[PDB]
Amino acid sequence: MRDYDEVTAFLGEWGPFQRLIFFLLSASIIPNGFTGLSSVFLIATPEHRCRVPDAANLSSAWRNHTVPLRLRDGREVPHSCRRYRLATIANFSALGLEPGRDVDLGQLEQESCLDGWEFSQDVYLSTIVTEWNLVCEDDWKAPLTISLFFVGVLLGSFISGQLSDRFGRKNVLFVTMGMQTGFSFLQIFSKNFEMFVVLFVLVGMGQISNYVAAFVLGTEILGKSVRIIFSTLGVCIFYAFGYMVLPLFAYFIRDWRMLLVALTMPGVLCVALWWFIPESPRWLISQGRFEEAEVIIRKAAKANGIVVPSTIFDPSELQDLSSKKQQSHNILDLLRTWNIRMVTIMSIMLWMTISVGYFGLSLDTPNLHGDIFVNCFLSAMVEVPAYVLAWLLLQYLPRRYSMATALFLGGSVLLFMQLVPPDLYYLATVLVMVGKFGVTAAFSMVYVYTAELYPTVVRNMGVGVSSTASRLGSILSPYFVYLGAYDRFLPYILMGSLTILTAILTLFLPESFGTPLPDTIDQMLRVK
Ligand SMILES: CC(C)[N@+]1(C)[C@@H]2CC[C@H]1C[C@@H](OC(=O)[C@@H](CO)c1ccccc1)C2
Ligand code: NA
């Protein structure tokens, strides 16, 4: 018996086949870039105030003084959820009385907006918040939709695995790509809020599912050395490109339906890949469909120009491949021994906190100062050097000090936010981008570090548990942004404190660099 990576080693590590597969599977990750964080523009809240119908016979003075003024940022602004009793105002205006001259505005009665709201159109022409008035007593519905999107992503994480195992990688990939694109398109025709919410849940489910299927198919087709590069840089950078191009679209298109059309179109464009990506030969061998694997291997050999006679490859060996011992599935293994128990708890908390920080910072961009589109672009762009640095650090430096430093930077920088004087408000944006830089580096590194910490017997299970923890964290991530209304800096204080505690935690994990990866739990490294 032999190994699949050995039997197939004759194809080489790099060449026309593996190159095309690498850049096509990576290109299929772009739509997840602008689909993941489109909520920053689809669910944005413009400035708004109570609407006063023009039927009111109010003087120009009264029309200038129809809403109480409240102070924000040290500056007067119309109160966004309350107005002076329109009937009392109309009675005063009919009597000839005028504000200030005859009326003390400070003691008038107030009511909520019974004629709806007037949203400004300086930035957004329309969004779902303006469509269904998700403001004042409905404001909690705005982040809820985003939480529900990540809820769908959670469910997709469970389902896409089993589906891909039972029906293949390419089939699940393209089916869920089409599902995501179709439900993204359908959302344009949402009559009311509930249909939009449920369609957004399904869109997130499809998005996660097809990301996962692309990742698994790529890490199964590519060779041993290029596998790491694909997993680490290949998909991350093209996700960053998708995110970076999201604000480019949102700048020209400022209507949520036309923006959904624009973000839907690339998904339809990706369907051409069906004729270029083959099914994973390793999976087909797992199902016992050896003729299809043989055909795909011979086609790859022909594409790379390698002569493949019986002396260098034969299906008889293909039919007698080795199978690795099956890994434990019962979760009890992760809790049976004290050391692995503690390592699992720390990894859960580390992944959840890194995810909360990353998605909170991503979703908080429209609340920063300066141009919203420039801020979103800078947020998307600061990830590419974060991935390059993460990759170099993983290649050459111990994981513990690297991740302690990246988290310490990401957390400490945020705590400085409250110390920036308003005159130099732009420094706060600098800090926030450096903050997200650190978080992004840590987020890229943990995917590898955790996979090294667990022994083979349960490695996948442990990684999956920690990954689910991170995904749970992003359900909470839009609510930390929601807290920005109660107190501007509270979200950053929370994120910074939690990140510093996570950076302190990381130092207690055992070091893996430069040591053989363990095979059985008895060989697992001990926590400090
Ligand atoms: C930060 C880098 C390493 N990622 C490529 C990792 C973690 C975040 C980012 C994107 C990806 O994680 C996701 O969950 C993706 C695809 O499901 C996602 C992006 C945006 C919204 C929801 C999910 C995997
Ligand atoms: Na995709």
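The residues of the chain are indexed from 1 along the displayed sequence. Order of listing sets the numbers, starting from 1, for every ligand and every atom in it. Method on record in the header is electron microscopy, 3.1 Å. Only heavy atoms go into these numbers, but all of them, side chains included; no hydrogens, no water, no symmetry mates.
In this structure, the drug at ligand 1, out of ipratropium, cefadroxil, topiramate, valacyclovir, is ipratropium.
The macromolecule with the greatest number of heavy-atom pairs within 4.5 Å of ipratropium (ligand 1) is, in the PDB entry, named Organic cation/carnitine transporter 2. Applying a heavy-atom cut-off of 4.0 Å to ipratropium (ligand 1) picks out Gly36, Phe150, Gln207, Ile208, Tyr211, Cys236, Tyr239, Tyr387, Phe443, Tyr447. According to the entry, no covalent attachment of ipratropium (ligand 1) to a chain is modeled.
Measured by heavy atoms, ipratropium (ligand 1) lies under 4.0 Å from no UniProt ATP-binding residue of chain A. Contacts under 4.0 Å between ipratropium (ligand 1) and other ligands or ions: none. Taking a heavy-atom distance under 4.0 Å from ipratropium (ligand 1) as the test, the passing transmembrane segments of chain A, by UniProt's count from the N terminus, are 1, 2, 4, 5, 8, 10.
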